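So that the names make sense, note that chain A is the first sequence line, chain B the second, and so on, each numbered from 1. Both ligands and their constituent atoms are indexed starting at 1 by order of listing. Recorded method for this deposit: X-ray crystallography, 3.3 Å. For the numbers below, each heavy atom of this structure counts, side chains included, while hydrogens, waters and symmetry mates do not.
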Amino acid sequence: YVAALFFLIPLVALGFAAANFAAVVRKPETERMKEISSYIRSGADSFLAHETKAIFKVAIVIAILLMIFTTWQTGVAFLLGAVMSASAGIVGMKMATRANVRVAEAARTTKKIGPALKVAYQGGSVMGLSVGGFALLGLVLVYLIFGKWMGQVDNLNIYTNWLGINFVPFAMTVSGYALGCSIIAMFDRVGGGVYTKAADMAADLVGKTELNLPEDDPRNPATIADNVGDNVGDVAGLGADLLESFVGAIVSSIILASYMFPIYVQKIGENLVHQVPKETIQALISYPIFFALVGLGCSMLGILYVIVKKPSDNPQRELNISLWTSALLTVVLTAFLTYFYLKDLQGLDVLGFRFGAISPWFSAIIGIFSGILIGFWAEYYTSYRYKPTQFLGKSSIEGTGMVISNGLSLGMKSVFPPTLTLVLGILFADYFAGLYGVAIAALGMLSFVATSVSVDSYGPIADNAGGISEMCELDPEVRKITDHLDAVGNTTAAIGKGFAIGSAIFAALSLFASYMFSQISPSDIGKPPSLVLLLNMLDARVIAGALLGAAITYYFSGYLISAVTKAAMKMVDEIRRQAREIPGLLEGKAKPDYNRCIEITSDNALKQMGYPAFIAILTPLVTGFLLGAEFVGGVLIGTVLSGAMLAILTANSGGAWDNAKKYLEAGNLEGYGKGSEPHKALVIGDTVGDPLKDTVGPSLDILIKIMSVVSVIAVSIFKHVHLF
Amino acid sequence: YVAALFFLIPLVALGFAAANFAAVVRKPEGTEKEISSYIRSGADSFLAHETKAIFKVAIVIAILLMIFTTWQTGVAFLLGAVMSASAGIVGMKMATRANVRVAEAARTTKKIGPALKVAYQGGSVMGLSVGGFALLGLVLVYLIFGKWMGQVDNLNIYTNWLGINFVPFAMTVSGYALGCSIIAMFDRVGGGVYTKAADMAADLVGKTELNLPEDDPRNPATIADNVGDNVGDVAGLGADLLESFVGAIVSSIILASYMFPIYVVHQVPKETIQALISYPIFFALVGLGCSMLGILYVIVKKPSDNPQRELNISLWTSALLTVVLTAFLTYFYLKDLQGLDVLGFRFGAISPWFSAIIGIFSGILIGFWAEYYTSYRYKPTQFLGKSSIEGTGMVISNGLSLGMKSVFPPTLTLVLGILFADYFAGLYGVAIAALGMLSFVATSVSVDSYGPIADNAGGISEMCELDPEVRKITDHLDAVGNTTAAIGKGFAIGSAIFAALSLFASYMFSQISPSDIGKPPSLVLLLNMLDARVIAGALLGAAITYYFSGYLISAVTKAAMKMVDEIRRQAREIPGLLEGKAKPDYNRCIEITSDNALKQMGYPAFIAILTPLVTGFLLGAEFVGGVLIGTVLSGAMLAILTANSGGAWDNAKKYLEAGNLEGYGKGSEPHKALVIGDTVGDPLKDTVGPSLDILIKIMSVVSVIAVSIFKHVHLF
Ligand SMILES: O=P(O)(O)C(O)(Cn1ccnc1)P(=O)(O)O
Ligand SMILES: O=P(O)(O)C(O)(Cn1ccnc1)P(=O)(O)O
Ligand SMILES: [Mg+2]
Ligand SMILES: [Mg+2]
Ligand SMILES: [Mg+2]
Ligand SMILES: [Mg+2]
Ligand SMILES: [Mg+2]
Ligand SMILES: [Mg+2]
Ligand SMILES: [Mg+2]
Ligand SMILES: [Mg+2]
């Protein structure tokens, strides 16, 4: 049976990632290189172990609560998704820590971009296969065990658990899975981002501007902290976040299809004429899973060809060819799959398939194209090759104040072009296949999460390799090879963040729909969807909730930035004290103390990482129990809008600042060099952008999805338990 | 009849402002007055050019309105535009004339009292001008078109040629508010761009690069800084706040006018609708009278203990008097009406008074939060300042974090206020509270303008070698003033949010046609946010607000970069300027800033005007409503954040300058980082922040005016 092969696909992805990891094992690693690799891996492993222990304790608590109030299988799937996210993060962290020194040694010996690009892509591919395989494995496991083995997909009827809980079985199970994935991603990424960005700000600022020392200089006591933070915050958090986004895209369609069946009914003399055939509903539920499986398989084939493919001097050319080929093949195979799976079905027109069975494929096509433009728009704004980043670089001569003001404008201006792309994508998907197609586009925009995760992971390995080169005092040319891979990596990371936020926006609209559906009760089960899908924004409660949600998102970003700044200030103080008190460090005859900086950042991150996830979880609950369901819908809408805007702005502005600093550093500016005051302004801009790109930017989509899932899960009790 | 007295009230405000201007126009002269004349000439030239451009564009817009809509709409448009322009220019002239007088008084007396009196008199002239002009234009329109012409008597939805369904007096007041808003937007954009660009360039080049004192005469941009303060923070302030006051009034006026035809067999007696339409005008008149009484008591009384103390005492007394008189007015005027429950008056005739009180208290809480977040007397600004020791990047990051965090308390206050206001009086309450939050705009205008005058005094003190105590007193007053500016911006954004909700209501009402006149109001008040078009429009509106802020910042930064380059070149090439024995070329800096401002002032207003038309003609009315919601949210957030963060940076820089940090003084590297933070916040404080509420209201007004045509005339 081919269903067995498609379900085994994710295990094949995991096996291929393991094979690539083995291929990267036994590669040539110097004794100092091996020592630095062991140090970085030990630091990252310790931090990740502490973070994972805390996160899984909290996850056990959350799972017990979910099992109590909601279906026990809901908590079981929550644990499944949480373990999936944690495993993806740990795998990525280990792969990066192992491959940084391998890529550095390759770049040092061959002196050619080919081998280093090959090794770094092997690491990124291992991580991407881990992400995709874990996501799809957990999702298909939930599907089979709870819907197929337990038959939760067969019932598809609204139940009432004790305490007055109105739920759908498979809906609750998949929602719990997505919620676990999102919680684990939130905790991991928050911790890693705080750590890495604080270390980066302190180290880069103190070394570049105050000590006049090179970047990632071994003399700098914060270099190890910066490298380990890159390994943890931008490598493990990256995988967690992207796996969570993939699972959310799939799960939005899953819940929408599940709710579609029992809701589309007609009351007739108190006889409830069911309006949609169950077979069609099951086909629509399985469609997104099979589509994600096809995307994962196509990404696997593309990555295999790339690893076997001819190496190119420019890594960007190979990355672009790989993603283009994988996307085209996925689109074609998905067209065929969508036609065959939904061919000659019944009820599609009723659920919004105006064109027909192929209408979800048209919506998925809209998602892929919309994402491509969002990435392109990000590239123009964040790349020095394009005009805007160059103007920011030219702004260096005028001063730090001009650089900061110019960067802020580029980010605020940057939001409009992608947002128009998203607005057009949403409208066309609704025209092509209603809300189900909205969710299908959310999924399609991230259909090939494996390749994007692979490239984004490929970046950090090159960064950590570059840091190893300066500390180990390797030849300047080898460092130059590492820098070339990192310059493309920064822009590709911004593109990935844009993809994530777009898929999150689509899935969040579909989750608004699912929430409005969840607001229904058995006595009100016969309402027409027109009355169910109504959220009047003239209701004072709805608009008040929208305002409160936007404000909550803004304060959340502010608190993240505050954590990063506190850590970075502590680090700057420690670096100044070490430089003043320790003799011989600036001359190179003394070895500073990095453990103090590592401890400062680790403690601050582990202490401050918990509160934001708790906020994101409890805000919907408290707001709903206080002001009802309409206020919660308004809060969700405001959060979605504010999060999209702020994520786009922060990612683009941080990338622009960093790329302008690299532009000046590369020597493309006329007359001004590393020690110039304009370079100090670029360093200040890059430090300001460090938290914005990898701390505030990525967390916003996770917050949106987690909040929407919490609301859809808990709306049943808070409609009648509203205090006011 | 007392109606005559209430209509004369605005003339009383104008007469009292003129009397104050004449009394303080004594303008005591000092050592060469020449520099004051120079600054006044520059400011007047810039304002004249700006006004010429704005009035050309206004004539074009008025012709278009008269053609497509009722000519009375364009006439009221011109009336409101002229009112706002007169307020702005009057305030700018008064400040430019009284800055040197107050500075000389403060120098001679060596005491804060006399300078406080003169500066508060200037602010009072400005605030009385704003309030009196608003109420004069409003009562004139009311009387001429609704009372004498009987537009209040008709109260029926009409359909003029081309298929526009409108209400007469509603359209007239909409045109009035739209004209005021266009003029305010243009004036504030120009003045803010000019002033903030000059300030950024001067501070960076002098303090960080040249190591020169603030407002040093050797610096060729100091004159530019003072004149820009006069243009952006003296005229723009009045334009923007007068526009906010007029918008608060007109929102309630329009909602009430649409209700009588929409509610249907008429559910609400016409007398009740006319009474509710006339109520907000009399309420604003009473508020203006109370503000005048408070300003009179303050100006006649002896000097206050603290400059903040006098402003707060005046505001408290005015608010209490307004509350009492408004209670009496609301009871007497609406006591014997009927059908007040149908429109939303849960408690009865006193519901609008409760909603206005809720709005006033929400504004007071917003001010409390602003004072908490933007004053160095409290914890957050102190932490931001201490962040300077950790570098400039740390200062910037902490400032951004503080700004983003400050948005929460005010937003929660606004949520509670919206909820409570709806409970007492419905959406009419949301609008009456929008007005109540700004019931005493005169005193707020006075206090807000008082800051810039003290700033100009400090700049002039540095320009002409003067005793240190003079500039110390002026800087003290200016330190108090910046927080007052932030509190005023908070008041403005809150009133804008309330009026924007009421405008959503009026917009949904306007979407009705004569053939669809019988629909139940419950079905009319629906704007489904699950409609893909509505949410897409919300996203696009948020993006439009963000790109608008980005364009403002880009214009300001380009102008400031050109200015910084010119100042650096002047300092490097001219010998003896840094040695203190020379004098540079200020005219070049002034010309650069003025040219850039005049070139960049047009695009943002055109965006704010055309966004609704294009979005509606492209996607329909639901998309336009979504764009309105997205714009409202994004603008509220961005305005609050920018204002609060800029105020925090500036107050932390003053904290370090005052010597409150241990061991680190003026000219220190941490002080350089603090100056960089304040300069980065400069455009955010007075250019991007205030423009957002004007953008929201202008966009909502344009949409409400043209919703009828695009509701069914949509290309897609
Ligand atoms: O991870 P980050 O963005 O901090 C950094 O990697 C940015 N970067 C450097 C070159 N390309 C991007 P670095 O710490 O090397 O300054
Ligand atoms: O233009 P602003 O109001 O920010 C300013 O007046 C701020 N300030 C100065 C003293 N007290 C407040 P200056 O540019 O003179 O630094
Ligand atoms: Mg860096
Ligand atoms: Mg790095
Ligand atoms: Mg580094
Ligand atoms: Mg960086
Ligand atoms: Mg300043
Ligand atoms: Mg000034
Ligand atoms: Mg000044
Ligand atoms: Mg300033």
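Contact analysis gives the chain with most pairs under 4.5 Å to ligand 1 as the one UniProt calls K(+)-stimulated pyrophosphate-energized sodium pump.
PDB records give the name of the drug at ligand 1 as zoledronic acid. Contact chains for zoledronic acid (ligand 1) (heavy atom under 4.0 Å, other chains only): A. The UniProt transmembrane segments of chain A, numbered from the N terminus, include none with a heavy atom under 4.0 Å from zoledronic acid (ligand 1).
Taking UniProt's list of Ca(2+)-binding residues in chain A, a heavy atom lies under 4.0 Å from zoledronic acid (ligand 1) for A/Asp658, A/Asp686, A/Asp690. In the entry, the organism recorded for chain A is Thermotoga maritima MSB8.
There is no covalent bond between zoledronic acid (ligand 1) and any chain in the model. The substrate-binding residues of chain A named by UniProt that have a heavy atom under 4.0 Å from zoledronic acid (ligand 1) are exactly: A/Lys197, A/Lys693. Residues of other chains with a heavy atom under 4.0 Å from zoledronic acid (ligand 1): A/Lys197, A/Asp200, A/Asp204, A/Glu215, A/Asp226, A/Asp230, A/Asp463, A/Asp486, A/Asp658, A/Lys662, A/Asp686, A/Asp690, A/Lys693.
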